[PDB]
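The structure described below contains probenecid.
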Amino acid sequence: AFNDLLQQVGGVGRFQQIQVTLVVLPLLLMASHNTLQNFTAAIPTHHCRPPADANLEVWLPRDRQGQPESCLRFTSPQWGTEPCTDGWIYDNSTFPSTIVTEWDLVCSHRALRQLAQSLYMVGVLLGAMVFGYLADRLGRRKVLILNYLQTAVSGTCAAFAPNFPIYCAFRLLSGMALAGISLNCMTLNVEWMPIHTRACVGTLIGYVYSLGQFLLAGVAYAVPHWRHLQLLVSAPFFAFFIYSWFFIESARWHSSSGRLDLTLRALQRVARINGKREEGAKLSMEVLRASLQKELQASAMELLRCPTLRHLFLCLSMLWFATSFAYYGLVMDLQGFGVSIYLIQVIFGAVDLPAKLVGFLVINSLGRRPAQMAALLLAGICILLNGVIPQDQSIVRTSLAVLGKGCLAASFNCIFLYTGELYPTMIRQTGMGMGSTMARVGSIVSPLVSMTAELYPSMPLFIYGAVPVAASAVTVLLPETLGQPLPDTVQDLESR
Ligand SMILES: CCCN(CCC)S(=O)(=O)c1ccc(C(=O)O)cc1
């Protein structure tokens, strides 16, 4: 019954305004880190370095396009092919330095650029799990303080990485910390705020991430060099670590632990901050106990064990994997469209704003399932048509990728509501975590799929498209939730 107490000590008041602003400010740089490698790893045009002894036309084989071939140089001077031992010359017009230029992650080692994104995301999957356990054991706040320090240290050390294995290690650790920031952000804010506003928070947090995409575009234009851009995007988290010491730990986590002494201390401190001091003094242990006694979940396995909840698990896992796998596939590949990588990031960021509305409108009106078939099928049709339409077309390809990314942003928003209303109260938090875990598996698998570009230039896109088209067909199986009350038991779910 914490909700009741939550409204005695000011409800939303100075403490919630101050702390929530501060706890959601870091998220503005989650987008900057997740998709940083579009700018820190951009691939400049590379052609082989002519042999040093020789004093480009004569030393470079030309492809059909008539541009110098990237991975080959002539063995002997041809007037009017060996792999390149002497290195590559990279165009410096757009990208002064990138991890690709620094470590020659080009030609045979091209897959390494994507391995690094996959490793960062392996870190994000690991961090959601490690830090989720650690938060329940050490506190939402203590785990946040340590996560701000880890992102700052790991990201700074990645910027000063001397070799590629080390950059990848510090990028996995950066992601582990960031996964814990994104989780503990929600928990600390949601638990210190009213229950009814469990979605507005899910929204401000959602839009604060989208604004992060414009932040990456503006920051990357200003600081093109990768070591400098990685340092700039990670140095803010040392400042976050310094003020995070003044956060107030969730009183709800304190009550759950068994320490009502700290629930009382937090509630009184907040009453001083919100200005309702008299009302806080009234709060004692005879009151807090009785009014928090009723409050005082099922194992994840159950999702698999019950046939009813296994069907809802499998179906939703395909929906969460597909949306993430496709979304990262599209968001990762900003260079191919033929427009500046900065304008495309700004555009891609913008779409999320009219998308989320159009989504809200179709979801609250038509249904929660028709919106998921439409958001995923249309994204799949757009991505597969980006694959088929010839590159020459930049506007037709850019417009279709932009619509597709907007549709996958809508799918993210719907799959959150859809997944919280489909599950019964007992397994609803486990189920939203498993769904988010499958989303993170999608992000790990997506860069690995992109490595198939070598096999065929359009194979990466044909998969990033076919998977959402298949997920859309899976939504047919799931049950409509519009106008139906949330289920409380498996039987309840079965009934409706
Ligand atoms: C909670 C898991 C989802 N994630 C992907 C897995 C790492 S995420 O990076 O947090 C993300 C991505 C995209 C959008 C959006 O466009 O709405 C919001 C959040």
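Counting begins at 1 with the first residue of the sequence. Excluded from the calculations below are hydrogen atoms, water molecules and symmetry mates; all remaining heavy atoms, backbone and side chain alike, are included. For ligands, and for the atoms within them, numbers begin at 1 and follow the listed sequence. Header lists the method as electron microscopy, 3.2 Å.
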(message) Any idea which macromolecule probenecid contacts most in this entry, and what UniProt calls it?
(response) Solute carrier family 22 member 6
(request) Check the entry and give the organism for chain A. (result) Homo sapiens
(message) Could you tell me which of the UniProt transmembrane segments of chain A (from the N terminus) have a heavy atom under 4.0 Å from probenecid?
(response) 7, 8, 10, 11
(message) Hey, could you tell me which residues sit within 4.0 Å of probenecid? Heavy atoms only, please.
(response) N34, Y327, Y328, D352, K356, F412, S436, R440, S443
